[PDB]
Amino acid sequence: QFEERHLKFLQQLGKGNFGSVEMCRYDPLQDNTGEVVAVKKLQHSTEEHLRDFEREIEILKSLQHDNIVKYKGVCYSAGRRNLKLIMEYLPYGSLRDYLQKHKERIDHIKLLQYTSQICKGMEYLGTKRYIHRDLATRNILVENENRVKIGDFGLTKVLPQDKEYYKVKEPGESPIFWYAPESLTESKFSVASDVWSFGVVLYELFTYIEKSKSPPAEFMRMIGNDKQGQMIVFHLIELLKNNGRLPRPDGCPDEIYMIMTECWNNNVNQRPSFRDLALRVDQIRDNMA
Ligand SMILES: N#CC[C@H](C1CCCC1)n1cc(-c2ncnc3[nH]ccc23)cn1
């Protein structure tokens, strides 16, 4: 129950898919003692986007986990237009930028620490029957050198009880190079498609976000930068159906790549669970230490 005349804009932190996040100071006493918080707002506040935003707020507020960004509250302007979501501010930004920043002091054990935390966050999501749908290092935030948190839930959906997937297609851009094949062909999203995307996240981490090694660059080279608009996705589909896959990143051990390729199974039922992913990653971590 923060109200916007005490929210002082400091800078933009991110621009999402119909929303953006600002770094602000909440200073109700107006003496510069208040906390720095993150404030998410819609950029073009239609009725559909606002109903989606309210569902997103309910989801985040229902999550309490060390590797999920903390909900703090909501902000309203006269009436209830201009809805704003108040969250904890995490000072090291997104894991994509952090990792690109500190390439030279983040070793493989540190990557596997982040990996384990992401899987525990995702397993908690699954226990709530939430499907994230936008798992990527740009949507993971760094609280400190030893803790990351899943940081955005704009595309997250609740499963119907009678079903284990959720069919949804949205207008606009979709992170198709993180999408499982059944999400590309049938718009089916499930815990298993989140596992596919987590494999892509793991690939990202072990590339250290090298520009020419991004999933989009690699896939566009594999189908050819000659492709064009939606013909593009069509070719992606066929490449994935013939087991075309992102390569093992430089310096990636063979067992970490084995985890990646196991998450990238065409057979939706043969992808590992998040509990098993965490177990294997933790055993590799223990071996390295
Ligand atoms: N995660 C993620 C991606 C997200 C952008 C994507 C969706 C709108 C903004 N983003 C969140 C932040 C951010 N930075 C620092 N503290 C935060 N708290 C909550 C979000 C947040 C920066 N970019």
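The numbers used for chain A are those of the PDB entry, and the residues that appear cover 843-1131, in sequence. Ligands are counted one by one from 1 in listed order, and the atoms in each one are counted from 1 as well. According to its header, the structure was obtained by X-ray crystallography, 2.0 Å.
Picking from azapropazone, althiazide, ruxolitinib, the molecule at ligand 1 is ruxolitinib. The chain with the most heavy-atom contacts to ruxolitinib in this structure is named in the PDB entry as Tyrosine-protein kinase JAK2. The contact residues of ruxolitinib, taking heavy atoms under 4.0 Å, are given as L855, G856, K857, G858, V863, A880, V911, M929, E930, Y931, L932, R980, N981, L983, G993, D994. For atom 18 (N) of ruxolitinib, the closest heavy atom belonging to the protein is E930 O, 2.8 Å. The protein non-hydrogen atom at the shortest distance from atom 14 (N) of ruxolitinib is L855 CD1, 3.5 Å. In the vicinity of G856, heavy-atom distances shorter than 4.0 Å reach the ruxolitinib atoms 9 (C), 23 (N).
Ranking protein heavy atoms by distance to atom 7 (C) of ruxolitinib, first place goes to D994 OD1, 3.3 Å. Distances below 4.0 Å separate heavy atoms of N981 from the following atoms of ruxolitinib: 1 (N), 2 (C), 3 (C). In this structure, atom 12 (C) of ruxolitinib lies nearest to the protein heavy atom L983 CD2, 3.6 Å. Between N859 and ruxolitinib, a contact under 3.5 Å exists for no N or O pair.
Considering both main-chain and side-chain atoms, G935 never comes within under 3.5 Å of ruxolitinib through any nitrogen or oxygen pair. Scanning the protein heavy atoms around atom 8 (C) of ruxolitinib, the nearest turns out to be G858 N, 3.4 Å.
Atom numbering of ruxolitinib starts at 1 in the shown order; those under 4.0 Å from a heavy atom of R980 are 1 (N), 2 (C), 3 (C).
Protein heavy atom in closest approach to atom 9 (C) of ruxolitinib: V863 CG2, 3.4 Å. Shortest contact from atom 16 (N) of ruxolitinib to any protein heavy atom: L932 N, 3.1 Å.
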Measure and list all N/O to N/O distances between ruxolitinib and the protein that fall under 3.5 angstrom.
residue	atom	partner	partner atom	Å
ruxolitinib	1 (N)	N981	O	3.4
ruxolitinib	16 (N)	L932	N	3.1
ruxolitinib	18 (N)	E930	O	2.8

